[PDB]
A.B. asks: 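Dropping the structure in here first, questions after.
Note: chain IDs run A, B, ... matching the order in which the sequence lines appear. Following the PDB entry, chain A residues are numbered 8-350, in order. We number chain B the same way the PDB entry does; the residues here are 8-350, in that order. According to its header, this structure was worked out by X-ray crystallography, 2.2 Å. We count ligands from 1, going down the list as the structure has it; atoms in each ligand are counted the same way.
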Number of protein chains: 2
Amino acid sequence: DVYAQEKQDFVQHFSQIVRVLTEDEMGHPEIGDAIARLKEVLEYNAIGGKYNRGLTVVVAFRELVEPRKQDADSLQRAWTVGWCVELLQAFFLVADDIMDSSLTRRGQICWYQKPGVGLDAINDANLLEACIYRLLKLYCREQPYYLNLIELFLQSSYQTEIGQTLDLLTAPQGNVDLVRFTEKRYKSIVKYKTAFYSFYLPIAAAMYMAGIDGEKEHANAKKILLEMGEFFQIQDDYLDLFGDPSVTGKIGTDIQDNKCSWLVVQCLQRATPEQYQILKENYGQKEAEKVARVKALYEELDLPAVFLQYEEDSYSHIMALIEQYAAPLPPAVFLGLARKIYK
Amino acid sequence: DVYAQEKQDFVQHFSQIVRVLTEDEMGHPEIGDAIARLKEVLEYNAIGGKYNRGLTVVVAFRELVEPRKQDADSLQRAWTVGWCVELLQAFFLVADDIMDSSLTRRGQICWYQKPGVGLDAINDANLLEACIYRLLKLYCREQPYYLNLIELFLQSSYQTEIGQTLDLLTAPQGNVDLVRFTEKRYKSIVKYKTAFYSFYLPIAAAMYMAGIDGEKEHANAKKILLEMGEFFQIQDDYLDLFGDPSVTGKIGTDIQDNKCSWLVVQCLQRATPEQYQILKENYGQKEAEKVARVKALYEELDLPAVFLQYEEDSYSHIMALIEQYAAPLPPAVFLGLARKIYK
Ligand SMILES: O=P(O)(O)C(O)(Cn1ccnc1)P(=O)(O)O
Ligand SMILES: O=P(O)(O)C(O)(Cn1ccnc1)P(=O)(O)O
Ligand SMILES: [Mg+2]
Ligand SMILES: [Mg+2]
Ligand SMILES: [Mg+2]
Ligand SMILES: [Mg+2]
Ligand SMILES: [Mg+2]
Ligand SMILES: [Mg+2]
């Protein structure tokens, strides 16, 4: 709604982002081809998603900053930082698709799977990250929140990288170990690898831009947002298997990749002894026959129904938390985001 | 000499770097295994090189800061930022070895070639980068140069990433094109991919720590340092082929990887028509027979003698530049570094 009404405006601003990124260096004609590759990397990897994270920066900014202080420059900075969150996303996704050996993303072939690209995508990803800070310097260098934003983007990256490390350590290829797939480990993984950058980061950025830098306020917002992020990742694990790749834009790999997904953890909590052996024998392997076996067992344990139930209970819990912690911020801030990821 | 007398002190400080990096998070026991992977990544990829870049921060700091202002905290920050440059190095090298399909580094198997690691090394690299800014926040958060250092490390990364992009664009696998291997393109590649982070960055960091933030002074230092960096990369290209892997610690891949190396550019400038065809037929291929062919032609054109001559002429030019641009900085600053990479 508020996201939907802002989407088009947000996207149209992408041309300027690209222009300022592919101009401030073109005064150095020697790197021209590199700059041209950068544009290509940006168009392919920053466009095509839902932009919920970037839009959140924009929406939250408008709801937190008094309209008398929302000048043209002020708004420009807001959707610029919104695009910075979108680039952090792109950066992690490009690397993540390589490390998960994924095939498609956002309804097109993964960048690293594009003939001509391959492992060069590693450097491409690093460039996407560098661009965040180019844009911050360009548009916010003079703002009082400049250092707060820089540290917030860096901190959020470290956290999601710590989370990725957990994600990958818990999922050795060729090493089946159902034993390590617990609730505790799962909660810790998703907290770091998704919850900070996808939910805390955008709202926290808008808070700093609105002059809201108070520690307690940020902690209170974080309380709500991390819990939403946990829900979001669990929903992401569900879609990996039970979602239509025509709508998700991506092919699942979690079972093949031996991941500590929410599905397998829930499967293990409901698994009879015989079922456990079926899981242990077919999990984390590339064979389509064995993956199908795992899915069949998930469906035999009504995990699809268990997810529908979790989603409702979780949503109610998020709402409760918003009632508790939203103040003094507008509740619409969190309600708007929550509405966007519900089901 | 001054580098040598400082080496041991510098290295011994690595234990503390690791401790502070693997402690400030251990208050979060949930990420403990990730933190343990981080320690493992740090020990394997930050140790074993010459530490010329880190040592430069330390040496330059001592020569630029008045001894009355070199308190214990002040020195601690200096070798900490020195280790930050070393981590930037590690970060790029881990990714670079993957993208160049290299086998060894610093006399051991490349991290990504270690059984158990593979492409997870992409995230490991990203962690090494994140650590730079953790350490900066930890030890320099209160210093007046804090934001200058942060932007200097970010800018230097963007530049070396732009350079890597040039390095990789000019070297498509399976796509031989001697035509693109020119002097101009070479100078532009090495300027961005090596010269900034390996030579300007360390000295510039010590300058900001010594309160020397003046634009003209930094530009003047940059004039000297980029030219040294060009020399250093050219020396690196020479060693890739004509160096002993027992001393370099790495196996060459430039010819196989179809790289715009200094050797091939010099070969092309001296290549008779028939020799050109030999180059075009055997360059950028994995076959050991064809690589040997390229090397034979390099030796037929006395490129080893041409490098020895370039090194002398270049060294004299660097010295000239130091005479011109060193002031008001101690010349020992640049002489010390130059002495360290001579031959
Ligand atoms: O399931 P993953 O965590 O790999 C994923 O959600 C990406 N990701 C990576 C960190 N956080 C999220 P994706 O399903 O989009 O491949
Ligand atoms: O020759 P490269 O530039 O790949 C190298 O010098 C690494 N590097 C990467 C950027 N700058 C330098 P290395 O020979 O150590 O593999
Ligand atoms: Mg993935
Ligand atoms: Mg992943
Ligand atoms: Mg997923
Ligand atoms: Mg290399
Ligand atoms: Mg390289
Ligand atoms: Mg080399």
A.B. asks: What's the chief binding partner of ligand 1 here? Just the name from UniProt is fine.
C.D. replies: Farnesyl pyrophosphate synthase
A.B. asks: List the drug name recorded for ligand 1.
C.D. replies: zoledronic acid
A.B. asks: By chain letter, which other chains contact zoledronic acid (ligand 1) with heavy atoms under 4.0 Å?
C.D. replies: A
A.B. asks: Around zoledronic acid (ligand 1), which residues have heavy atoms within 4.0 Å?
C.D. replies: A:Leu100, A:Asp103, A:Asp107, A:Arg112, A:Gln171, A:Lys200, A:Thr201, A:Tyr204, A:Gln240, A:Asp243, A:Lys257
A.B. asks: Please report whether zoledronic acid (ligand 1) has a polar contact with A:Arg112, defined as an N or O pair separated by less than 3.5 Å (distance criterion only).
C.D. replies: yes
A.B. asks: Taking a heavy-atom cut-off of 4.0 Å, which of the residues UniProt lists as dimethylallyl diphosphate-binding in chain A lie that close to zoledronic acid (ligand 1)?
C.D. replies: A:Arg112, A:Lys200, A:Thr201, A:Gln240, A:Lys257
A.B. asks: Identify the organism from which chain A comes, per the entry.
C.D. replies: Homo sapiens
A.B. asks: Does the N or O separation between A:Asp244 and zoledronic acid (ligand 1) drop below 3.5 Å for any pair?
C.D. replies: no
A.B. asks: Any N or O of A:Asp247 that comes nearer than 3.5 Å to an N or O of zoledronic acid (ligand 1)?
C.D. replies: no
A.B. asks: Where is the covalent link for zoledronic acid (ligand 1) placed, by residue name, number and atom?
C.D. replies: none
A.B. asks: Note all other ligands and ions lying below 4.0 Å from zoledronic acid (ligand 1).
C.D. replies: ligand 3 (magnesium ion), ligand 4 (magnesium ion), ligand 5 (magnesium ion)
A.B. asks: Decide whether an N or O pair under 3.5 Å exists between A:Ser109 and zoledronic acid (ligand 1).
C.D. replies: no
A.B. asks: Measure the distance from atom 12 (C) of zoledronic acid (ligand 1) to every protein heavy atom, then report the residue, atom name and distance (to 0.1 Å) of the closest one.
C.D. replies: A:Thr201 OG1, 3.3 Å
